[PDB]
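Report on one structure; see the data block that follows.
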Amino acid sequence: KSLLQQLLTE
Amino acid sequence: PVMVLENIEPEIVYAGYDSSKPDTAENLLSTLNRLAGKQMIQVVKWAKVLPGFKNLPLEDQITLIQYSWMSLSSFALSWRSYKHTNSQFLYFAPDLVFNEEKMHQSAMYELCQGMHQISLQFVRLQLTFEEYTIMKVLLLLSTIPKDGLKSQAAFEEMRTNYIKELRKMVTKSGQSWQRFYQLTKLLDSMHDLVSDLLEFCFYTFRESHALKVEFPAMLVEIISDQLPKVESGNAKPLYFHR
Ligand SMILES: C[C@@H]1C[C@H]2[C@@H]3CCC4=CC(=O)C=C[C@]4(C)[C@@]3(F)[C@@H](O)C[C@]2(C)[C@@]1(O)C(=O)CO
């Protein structure tokens with residue numbers, strides 16, 4: 001899971 | 001939406017720059033990239049809760065952030081330059097402000113001059129915070145893939161709503177009509193600038209090891225996906241004029 005993915009799906 | 005944008009506006013990020021250290025291009029460029037990484041975490045947090053953006057599929061959200069990160073970063077830089085220095089300097093962070101001297105030492109003098117021209121325009125227009133926040137959203141939705149996004153219709157609906165939102169802002173006539181024309185011409189001028197910034201960014205990213213120009217994980221992931229798309233012609237810039 002990419003950092004963009006993590007930050008958008010918190 | 002204007003009241004929402006005011007509340008979700010990200011706080012200032014410090015570069016952690018030490019002014020008593022040598023002004024080499026490697027040190028300057030590495031500091032700015034580490035700063036970009038910290039700034040982008042806030043940018044993504046700001047994007048996540050934007051009215052309408054939260055309704056785009058995650059894949060379209062990623063595509064839009066990867067295409068627009070450079071535009072949002074340069075526009076926010078010019079905003080801080082205008083608000084903290086009246087566009088006399090490039091206010092990257094409170095502890096890292098570029099004058100002509102730092103511009104020459106960064107090895108990106110002409111690109112710094114290009115980013116400064118936008119700050120100069122903000123002084124000329126006397127840009128308001130409200131206008132700035134809507135323009136930032138329009139920059140987030142300023143580039144799409146050549147074949148469009150997964151939810152192209154949802155995208156076009158959101159973007160039209162933010163264009164209408166900008167028109168509603170400037171109508172607060174004649175002067176309001178000229179203002180909408182000037183703010184949308186300013187948005188289009190970001191495409192030419194960002195194209196030159198990304199060219200140098202892609203070069204330093206490829207030549208990271210030889211140049212000793214560090215990139216934080218946030219920028220490594222974004223640029224690794226973005227660079228092949230831009231270079232193959234997959235990016236499609238959206239314009240108000242031309
Ligand atoms: C010319 C490019 C464009 C630069 C960027 C221009 C916009 C910007 C504004 C900021 O407030 C902080 C960082 C960034 C986002 C930036 F200043 C740095 O990251 C360094 C950068 C990518 C660059 O200098 C490099 O490629 C260095 O490797």
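Each chain gets a letter, A, B and so on, in the order the sequences are listed, and its residues count up from 1. Looks like X-ray crystallography, 2.0 Å, at least that's what the header says. Both counts, for ligands and for their atoms, begin at 1 and track the order of listing.
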List the macromolecule sharing the largest contact count with ligand 1, named according to UniProt. Mineralocorticoid receptor
Can you remind me what the drug at ligand 1 is called? dexamethasone
Quick one: what other chains come closer than 4.0 Å to dexamethasone, going by heavy atoms? B
If you take every non-hydrogen atom within 4.0 Å of dexamethasone, which residues does that pick out? B:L29, B:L32, B:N33, B:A36, B:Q39, B:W69, B:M70, B:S73, B:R80, B:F92, B:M108, B:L111, B:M115, B:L197, B:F200, B:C201, B:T204, B:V213, B:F215
Within dexamethasone, which atoms have a heavy atom of B:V213 less than 4.0 Å away? 28 (O)
Using a strict 4.0 Å cut-off to heavy atoms of B:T204, name the atoms of dexamethasone that fall inside it. 25 (C), 26 (O), 27 (C), 28 (O)
So which protein heavy atom does atom 3 (C) of dexamethasone come closest to, and at what separation? B:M70 CE, 3.7 Å
Which UniProt domain of chain B gets most of the contacts from dexamethasone? NR LBD
Going by the order shown, which atoms of dexamethasone are within less than 4.0 Å of some heavy atom of B:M108? 1 (C), 24 (O)
Give the residue and atom name of whichever protein heavy atom lies nearest to atom 13 (C) of dexamethasone, and the separation in Å to one decimal. B:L32 O, 3.5 Å
For atom 8 (C) of dexamethasone, which protein heavy atom lies nearest, and how many Å away is it? B:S73 CB, 3.9 Å
Is any N or O atom of B:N33, backbone or side chain, closer than 3.5 Å to an N or O atom of dexamethasone? yes
What's the shortest distance from atom 2 (C) of dexamethasone to any protein heavy atom, and which residue and atom give it? B:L197 O, 4.0 Å
Relative to the heavy atoms of B:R80, which atoms of dexamethasone are at a distance of less than 4.0 Å? 11 (O)
Geometry only, no angles: is B:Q39 polar-contacting dexamethasone at N/O separations under 3.5 Å? yes
Which atoms of dexamethasone are found less than 4.0 Å from any heavy atom of B:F215? 28 (O)
When you measure from atom 17 (F) of dexamethasone to every protein heavy atom, which one gives the shortest distance, and what is it? B:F92 CE2, 3.4 Å
UniProt 21-hydroxyprogesterone binding residues in chain B within less than 4.0 Å of dexamethasone, heavy atoms: B:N33, B:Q39, B:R80, B:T204
Which heavy atom of the protein is the closest neighbour of atom 6 (C) of dexamethasone, given with residue, atom name and distance? B:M115 SD, 3.7 Å
Give the residues of chain B annotated by UniProt as progesterone-binding that have any non-hydrogen atom less than 4.0 Å from dexamethasone. B:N33, B:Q39, B:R80, B:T204
Close-contact set for dexamethasone against B:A36 heavy atoms, below 4.0 Å: 13 (C), 15 (C), 19 (O)
